[PDB]
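Structure showing LY309887 engaged by 5,10-methylenetetrahydrofolate reductase.
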Amino acid sequence: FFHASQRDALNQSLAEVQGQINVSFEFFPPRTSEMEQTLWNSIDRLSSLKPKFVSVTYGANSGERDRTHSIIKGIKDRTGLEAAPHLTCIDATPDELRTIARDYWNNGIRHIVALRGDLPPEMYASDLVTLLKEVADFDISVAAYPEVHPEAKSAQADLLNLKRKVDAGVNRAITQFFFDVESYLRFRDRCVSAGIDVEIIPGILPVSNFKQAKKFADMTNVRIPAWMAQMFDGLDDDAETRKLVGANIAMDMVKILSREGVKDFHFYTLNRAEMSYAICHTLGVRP
Amino acid sequence: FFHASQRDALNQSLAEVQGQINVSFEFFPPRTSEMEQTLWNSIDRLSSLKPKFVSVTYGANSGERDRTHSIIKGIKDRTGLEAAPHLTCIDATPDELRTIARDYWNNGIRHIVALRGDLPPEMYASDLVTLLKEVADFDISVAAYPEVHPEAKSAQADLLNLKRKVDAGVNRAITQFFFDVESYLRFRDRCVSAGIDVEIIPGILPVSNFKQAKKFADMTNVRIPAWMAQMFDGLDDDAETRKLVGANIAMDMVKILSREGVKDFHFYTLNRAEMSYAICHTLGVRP
Amino acid sequence: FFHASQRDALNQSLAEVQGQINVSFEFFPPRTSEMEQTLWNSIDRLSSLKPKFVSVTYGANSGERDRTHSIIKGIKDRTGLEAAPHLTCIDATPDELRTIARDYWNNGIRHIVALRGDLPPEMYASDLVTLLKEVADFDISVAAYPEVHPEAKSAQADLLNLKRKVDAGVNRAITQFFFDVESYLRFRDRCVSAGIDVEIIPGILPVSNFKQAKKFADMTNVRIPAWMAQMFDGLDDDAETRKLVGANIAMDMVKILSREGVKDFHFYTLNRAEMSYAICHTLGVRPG
Amino acid sequence: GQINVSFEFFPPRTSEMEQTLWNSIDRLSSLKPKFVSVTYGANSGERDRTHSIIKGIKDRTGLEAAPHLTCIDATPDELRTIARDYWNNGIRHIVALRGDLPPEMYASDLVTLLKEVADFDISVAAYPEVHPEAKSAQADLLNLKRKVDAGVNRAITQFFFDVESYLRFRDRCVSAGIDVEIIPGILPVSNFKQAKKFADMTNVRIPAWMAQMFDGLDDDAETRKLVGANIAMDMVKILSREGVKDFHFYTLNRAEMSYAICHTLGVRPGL
Ligand SMILES: Cc1cc2nc3c(=O)[nH]c(=O)nc-3n(C[C@H](O)[C@H](O)[C@H](O)COP(=O)(O)OP(=O)(O)OC[C@H]3O[C@@H](n4cnc5c(N)ncnc54)[C@H](O)[C@@H]3O)c2cc1C
Ligand SMILES: Cc1cc2nc3c(=O)[nH]c(=O)nc-3n(C[C@H](O)[C@H](O)[C@H](O)COP(=O)(O)OP(=O)(O)OC[C@H]3O[C@@H](n4cnc5c(N)ncnc54)[C@H](O)[C@@H]3O)c2cc1C
Ligand SMILES: Cc1cc2nc3c(=O)[nH]c(=O)nc-3n(C[C@H](O)[C@H](O)[C@H](O)COP(=O)(O)OP(=O)(O)OC[C@H]3O[C@@H](n4cnc5c(N)ncnc54)[C@H](O)[C@@H]3O)c2cc1C
Ligand SMILES: Cc1cc2nc3c(=O)[nH]c(=O)nc-3n(C[C@H](O)[C@H](O)[C@H](O)COP(=O)(O)OP(=O)(O)OC[C@H]3O[C@@H](n4cnc5c(N)ncnc54)[C@H](O)[C@@H]3O)c2cc1C
Ligand SMILES: Nc1nc2c(c(=O)[nH]1)C[C@@H](CCc1ccc(C(=O)N[C@@H](CCC(=O)O)C(=O)O)s1)CN2
Ligand SMILES: Nc1nc2c(c(=O)[nH]1)C[C@@H](CCc1ccc(C(=O)N[C@@H](CCC(=O)O)C(=O)O)s1)CN2
Ligand SMILES: Nc1nc2c(c(=O)[nH]1)C[C@@H](CCc1ccc(C(=O)N[C@@H](CCC(=O)O)C(=O)O)s1)CN2
Ligand SMILES: Nc1nc2c(c(=O)[nH]1)C[C@@H](CCc1ccc(C(=O)N[C@@H](CCC(=O)O)C(=O)O)s1)CN2
């Protein structure tokens, strides 16, 4: 019984990797008192899993950018975990960036996720990496796109950009979320073929709100397989079933990736802990 | 990428079986006002899925047995669904049984799950089937044990008993719950080899409370694979993670069984709807 | 990676079977002082595995039969395990049989392996079963032949004869040794399909001496699959390799059988403990 | 048979181990291995002991004998003299390694140096579960490719007990454009305690069923040998079914287990 054994094998393999998996969690600046509370609950919950690091997204408005720094600081004080702020090239001059970078370093924040940034309705990520490396010897993470950045002139160019980016001084790449596991695996192979020597860490998005995930997916060129669309069909008013189905999907994904050698996962928590916590548990990442 | 494709294939196959799967739900007599409320909520929730039938377990004490009948009646009135009461050979003479059977039939209850019954601290199931068939032409379901009934002198004898049982006039067999999918598949094959012509419907137990499931499993000779025990290890005080992990397991199980030709599932709901409802959804069984 | 995945699953399921396996060991009356030393050393070793029971073959020689009863007694006293003597219908009147039969029961021997017996150069096993149950409610084990008994006129006829025998009052059947798992599996299915209510316990022969195994098989109608013949080809003078190869085959066999639901094994130890001890170990059957 | 095998031996440090080794060499030589190799240990024998065994094997059996040459605590000039001497004296196959550090040169630098000296047949190490010092799995694979492109005939993998780990690695190698054979290094296990210590030290994973299989056998050598032979024969059977046509055995200087495994593979003496 093929599938029967294959499943038992996969399950047993997953149980045995307990203690070898590195995880990281991504959070975003809360916009309300309610969101803030959820965030700190999630931070405390996930901090007990001892992630290699946690990161905080960087938006464009000034208040939000001041928010990123305060939350990073708040996370460091409260948990003692390495917190990496996301830094973009949007609405910032090289001089402001060097200042922000110098201040981050002097404040004990030596890991930065260097990004170009979403374009609001000049320099590229590689330029930021170079700039940052000139300021200090930062630990740097950058974005990778298994399904190709929607702006790239070609997959070749996008893959080449990643290489250029990595060459400037990157420690790891974190992929855009995906639901087609094979796209990630193939991309990981193409990266080797492109001479990129850093680990390609999959960014995992546990889906609880499909409507919103689909919209984000449609804007980022992320493919939603037909089976997944059918799996969430008819659940617009059933949050409970969506959570169980989404967890099942996320869990199946990390199980397969783990069997393919992946030992690092980055979770897009959307500031909630439940799903990512449970996924990490199946991965053997526990308190 | 083996596992990658195999998974996508399994997932797509599951999506395409939508509308071909028959399901049934098992409930037990509530013992408190709170349990009763949960039950009716679950009944209403699951009734919208149009199960082929629902059943209600039969205990030994007199009040509980009067409970089984009232709940069956309550279910018929409220939903109009076919409700099958479980009937055991415990604390009952052939004459009482014939009376109970005659009264069930005259009351519109023509489907009975015929059982010997758990032994409290004479005749066997096959005897009850024969007795029932003499009273009326009942639609009859009986229990099957993929991992062998703990009382059987041997697997051969237990399998032979099932055949004897089926020969007396059974429409289907429902298996004891299991977590080793291969045991069920092999058993299904052995049943054919034994000349048993009824469908062997898997009884699915969605696990949310592992401690209790393990105890029941240990008493019924049901094996808990090591990977599953590890999956629930450390979750005694985390109901949320247990539910997500349990749903993942149940969902993986019905997905594999479905690919192996199973088109009938019987759920041990434990009077709760959430898990079974979500599992049925992944099976394409929706409102 | 289908072969690999299935292999992992198999090893794992076997790994957690540890504890739910029932094993029994078969011995034969030694014919030399050396053989005796070896036997009791093996009995001591294997006993620490807590076998459900152990049995001793029954020859036709009057003096050797005394050894059968004797050894059973030794085992009984020495280790305290259930020792079931083999009983044949060779050179014995229905009256003598009842004698030793109830003579055994008075000595604490409640389990007997009832056989017709090899015919040295009127009644059958079924007749002996009936004869024993009347003398007392003996726990009885009988022989089964997955590849058909040599004398049987037909597979079906042989199969019905087994039922006849079982329907006479037996608790379990033990198969002639075999090397093709399928034949055993199919036979086991045909058995339930024929209404035989007892388990068909596989008799495992761990092969170290292929030449002698092939000869015993050629006499017992047991098939030596080609792959097995090729596996031992060229090892006539290499006992070490024959042992490793044969241990491998037996471990592979009980692993497949275990995954198929078989929870009972009977080992033809040939009075040696090493191989059977190792196979049991892989089945999770280990000492304290 | 279409199946090729090679055996690995280590320099004996005692009279007893030396006798064991030569007995094994005679036994295994009859299987006509494609080649045999002899490891190196800076503080466990040095180059002279490795060279000695290689010379002995060659004169005694006439088989192709490949020394494991490391480039640690060795200068480029010394390495050149060494290679020259080996070549002029009939040693045309070398297992080029960086060496266990008791960065300088990496194995790829050694491969280049060797090819400059002569057209050696070269074998290098590959790690299905990633070399413990690698920056990442990606980098370790890239470095294998770089090493292979330097002029390698084949790669021999570190031992492993998770067969899928090897299969997945072989596929990644092919996807990476590495065209040489990735020969699985097989370790027949009789002494589990020692194997476990070496594995934990090299990041080789021990499946749960395996550790369970050796549990309670610390003082039972006979059962360990039977159980370990079973594990190895199973492994090579699966690998063989998966298209593997070459096996490299870590004999630990003992022939019984490897000889039997080869037998089950159809690799037998041509008597
Ligand atoms: C893990 C992760 C975290 C993120 N966090 C944030 C966040 O906090 N805030 C936010 O605003 N966004 C965030 N993003 C989104 C991201 O900034 C957008 O995807 C953005 O459009 C590209 O950023 P990048 O760093 O990948 O850009 P780059 O690597 O610079 O690439 C962007 C495009 O330019 C192309 N390109 C590169 N160099 C050249 C060149 N010289 N000429 C022409 N084309 C070129 C590339 O192929 C690509 O199409 C995140 C994405 C990921 C995957
Ligand atoms: C779907 C399902 C629903 C259940 N619902 C209930 C419930 O509501 N209430 C409750 O009390 N229990 C219930 N049970 C549990 C069940 O009653 C126990 O497992 C009980 O021990 C056996 O019942 P059975 O109908 O399988 O018995 P049977 O089929 O009669 O078998 C019981 C044992 O007797 C053996 N046997 C049969 N005939 C003979 C013979 N002539 N001589 C010797 N041995 C023989 C069989 O091999 C077996 O070991 C349920 C089980 C399942 C799987
Ligand atoms: C576990 C095991 C232990 C054994 N131990 C011994 C031992 O210690 N000593 C020894 O001498 N031999 C022993 N044997 C061998 C055995 O006695 C021979 O195989 C013998 O030829 C048949 O014995 P049985 O009990 O199977 O005979 P039976 O079951 O009587 O069958 C023998 C033949 O008669 C046929 N048959 C059976 N009953 C009838 C009937 N009533 N009418 C017509 N045909 C019938 C069958 O089809 C068959 O061909 C053993 C075999 C096994 C597998
Ligand atoms: C078949 C086999 C036989 C062996 N025999 C011996 C023996 O006899 N004696 C002994 O001492 N050891 C031996 N080893 C062990 C080996 O020497 C160690 O694993 C050692 O640490 C690495 O050697 P390598 O030849 O694989 O080195 P390399 O291929 O140089 O790899 C070592 C590390 O450096 C990295 N790397 C490669 N190039 C670069 C670069 N340019 N920049 C940065 N990183 C780079 C790799 O990814 C890896 O982490 C053997 C291993 C195998 C599998
Ligand atoms: N183009 C782009 N890609 C990115 C990110 C980004 O900022 N831009 C960050 C990470 C975003 C991960 C997400 C996936 C789905 C998301 C989602 O559904 N967000 C909510 C909003 C959540 C909130 O309130 O912040 C929504 O779109 O309605 S957020 C990774 N990838
Ligand atoms: N031997 C036996 N087997 C049976 C059943 C049975 O009644 N007896 C009915 C069905 C029982 C299915 C269950 C699996 C796990 C269960 C469980 O955990 N029950 C709770 C009690 C639930 C309640 O309050 O009724 C407990 O054991 O604590 S109930 C199927 N199999
Ligand atoms: N026909 C028949 N079948 C039987 C048995 C029997 O007595 N007769 C008993 C059991 C015999 C099991 C054996 C398989 C191979 C054996 C063997 O090789 N015996 C050695 C003698 C014993 C020894 O090896 O010391 C030989 O024939 O040379 S003994 C089961 N089957
Ligand atoms: N890092 C590293 N990897 C290597 C080798 C090496 O030298 N270093 C050579 C080969 C070593 C193969 C071995 C696997 C297990 C071994 C072992 O247990 N050796 C015992 C000695 C066994 C004996 O010879 O009795 C020990 O030194 O503890 S030796 C292949 N891989």
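Numbers restart at 1 for each chain; the letters A, B, ... are given by sequence-line order, proteins then strands. Per the header: X-ray crystallography, 2.0 Å. Counting convention: from 1, in listed order, for ligands and their atoms alike.
Within this structure, LY309887 can be identified as ligands 5, 6, 7 and 8.
Other chains with any heavy atom closer than 4.0 Å to LY309887 (ligand 5): A. Checking the UniProt active-site residues of chain A against LY309887 (ligand 5), the nearest by heavy atoms (to 1 Å) is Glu26(A), 3 Å. Here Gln176(A) has side-chain heavy atoms under 4.0 Å from LY309887 (ligand 5), and that is the only part of it that gets that close. Residue-level proximity to LY309887 (ligand 5) for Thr220(A) is carried by the side chain, the only part with a heavy atom below 4.0 angstrom.
In chain A, LY309887 (ligand 5) lies within 4.0 Å of these UniProt NADH-binding residues, judged by heavy atoms: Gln176(A). Closest to atom 28 (O) of LY309887 (ligand 5), if we only count protein heavy atoms, is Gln212(A) NE2, 2.8 Å. Below 4.0 Å from some heavy atom of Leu205(A) lie the following atoms of LY309887 (ligand 5), by number and element: 14 (C), 15 (C). Atom 21 (C) of LY309887 (ligand 5) is never approached by the protein to below 4.0 angstrom, counting heavy atoms only. Close approach to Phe28(A) involves these atoms of LY309887 (ligand 5), each under 4.0 Å from a residue heavy atom: 23 (C), 24 (O), 25 (O).
Heavy-atom separations between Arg31(A) and LY309887 (ligand 5) include at least one value shorter than 4.0 Å.
Of all the heavy atoms of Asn271(A), none lies under 4.0 Å from any atom of LY309887 (ligand 5), so neither backbone nor side chain is involved. Protein heavy atom closest to atom 8 (N) of LY309887 (ligand 5), with residue, atom name and distance, is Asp118(A) OD2, 2.7 Å. Residues flagged by UniProt as binding (6S)-5-methyl-5,6,7,8-tetrahydrofolate in chain A that sit under 4.0 Å from LY309887 (ligand 5) (heavy atoms): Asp118(A), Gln176(A), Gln212(A). Of all the heavy atoms of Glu26(A), the ones lying under 4.0 Å from any atom of LY309887 (ligand 5) belong exclusively to the side chain. Distance from atom 15 (C) of LY309887 (ligand 5) to its nearest protein heavy atom, with residue and atom name: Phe216(A) CD1, 3.6 Å.
The nearest protein atom to atom 30 (C) of LY309887 (ligand 5), hydrogens excluded, is given as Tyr268(A) CE2, 3.3 Å; this is a heavy-atom distance. By chain and number, the binding site of LY309887 (ligand 5) (heavy atoms under 4.0 Å) reads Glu26(A), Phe28(A), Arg31(A), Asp118(A), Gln176(A), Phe177(A), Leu205(A), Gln212(A), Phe216(A), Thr220(A), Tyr268(A), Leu270(A).
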